[PDB]
Amino acid sequence: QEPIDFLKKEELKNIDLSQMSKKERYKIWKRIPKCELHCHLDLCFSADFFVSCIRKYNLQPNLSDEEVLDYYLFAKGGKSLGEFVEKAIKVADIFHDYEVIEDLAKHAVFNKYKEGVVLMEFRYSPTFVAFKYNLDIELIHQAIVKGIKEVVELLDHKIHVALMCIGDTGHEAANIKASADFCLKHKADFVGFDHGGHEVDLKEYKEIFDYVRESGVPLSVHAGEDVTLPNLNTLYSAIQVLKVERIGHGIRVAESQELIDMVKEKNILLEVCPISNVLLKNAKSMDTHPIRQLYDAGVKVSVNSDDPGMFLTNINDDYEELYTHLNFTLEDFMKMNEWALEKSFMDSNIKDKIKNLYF
Ligand SMILES: OC[C@H]1O[C@@H](n2cnc3c2N=CNC[C@H]3O)C[C@@H]1O
Ligand SMILES: [Zn+2]
């Protein structure tokens, strides 16, 4: 046996969630064999870990643990994706050296294991990690790959972890072209390519994305998240120009039947991040989060944590929110995790292994 007795499809009907306290519900969420596709490793940490980094490098000697969390992180939320990014830029204070990056990666993988994630596609931005202390992106990648490997080996491969590379916008020394080049140079370690930060129309980088995609690295980019944009052009470009297999967030697809139809017919999956959307004010509330209408419309969706570090949450919190506020069932969650598995960028023989073991 292993620490977590994962739920089987047959057992789901015997579990009455309505009887359970929040504490007892989280024991059930933990036992869901989760496939997570959208989580930023470089912003994936616990409160305790973050504060330890701040103390290690004596960054905020005049602030208490709690003041440090309020100063740097996004647990209470904010106004926008713009405000989220400026706060992420502050968090880059911890990227002091390659030792802390390895430790970050190690703890990130281990916590996902503890939470009951069986398939983990992590993503990180080389330029985002490098800029604050002018680090070497080759050495950053080395530290990350090493940290993941060491923990995965310790855990006897009971969690399967893959990496995506993020080109991004909205921080100093950001470079999409260079990020794409780095991704292809390290194609053996990267299973996909993403764009994050500020949400922009990626039509203007058609050539860079064509080149990455056509080289055999599938695309999943952030689009249809930011509700402050005056139209849905970013989604049309993501789908029709970038030819993405998956969309980060994509919650604004719900505002257009045309996009709903296109996404369904192209077998595109939306990587929904419930808590993230609410905290960035991209959903008005969890009660009115678009995932419910998207799910009912027949669009493929999966549940993701996005940034455990920024929000001081974990993947099981997102499951809790969908159950409590939007009446999602264990059967829904199993279905969505199976979609996530089907749409994952991991090697298919690994995916077949995970399917036989849990689904
Ligand atoms: O991995 C770090 C990079 O990714 C961005 N990033 C991190 N989390 C998100 C990001 N981007 C867009 N929207 C909210 C959420 O999905 C920040 C940085 O550039
Ligand atoms: Zn994201």
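We're numbering straight along the sequence, starting at 1. Values below: every heavy atom of this structure, side chains too, minus hydrogens, waters and symmetry copies. This deposition comes from X-ray crystallography, 2.3 Å. Just follow the structure's listing: the first ligand is 1, and inside any ligand the first atom is 1.
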Chief macromolecule bound to ligand 1 (the PDB entry)
adenosine deaminase
Just wondering what drug sits at ligand 1.
pentostatin
Polar atom proximity, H40 to pentostatin (N or O, under 3.5 Å)
yes
UniProt purine D-ribonucleoside binding residues in chain A within less than 4.0 Å of pentostatin, heavy atoms:
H40, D42, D168, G197, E225, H249, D306
Per UniProt, some residues of chain A bind Zn(2+); which of these have a heavy atom under 4.0 Å from pentostatin?
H38, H40, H222, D306
For pentostatin, note which part of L81 has a heavy atom under 4.0 Å away: side chain, backbone, both or neither.
side chain
With a cut-off of 4.0 Å, which other ligands or ions come near pentostatin?
ligand 2 (zinc ion)
Just which atoms of pentostatin are under 4.0 Å from any heavy atom in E225?
12 (C), 13 (N), 14 (C)
For pentostatin, which is the ligand I care about here, please tell me if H222 has any N or O atom under 3.5 Å from one of the ligand's N or O atoms.
yes
Pentostatin binding site (4.0 Å, heavy atoms):
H38, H40, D42, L43, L81, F84, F128, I166, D168, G197, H222, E225, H249, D306, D307
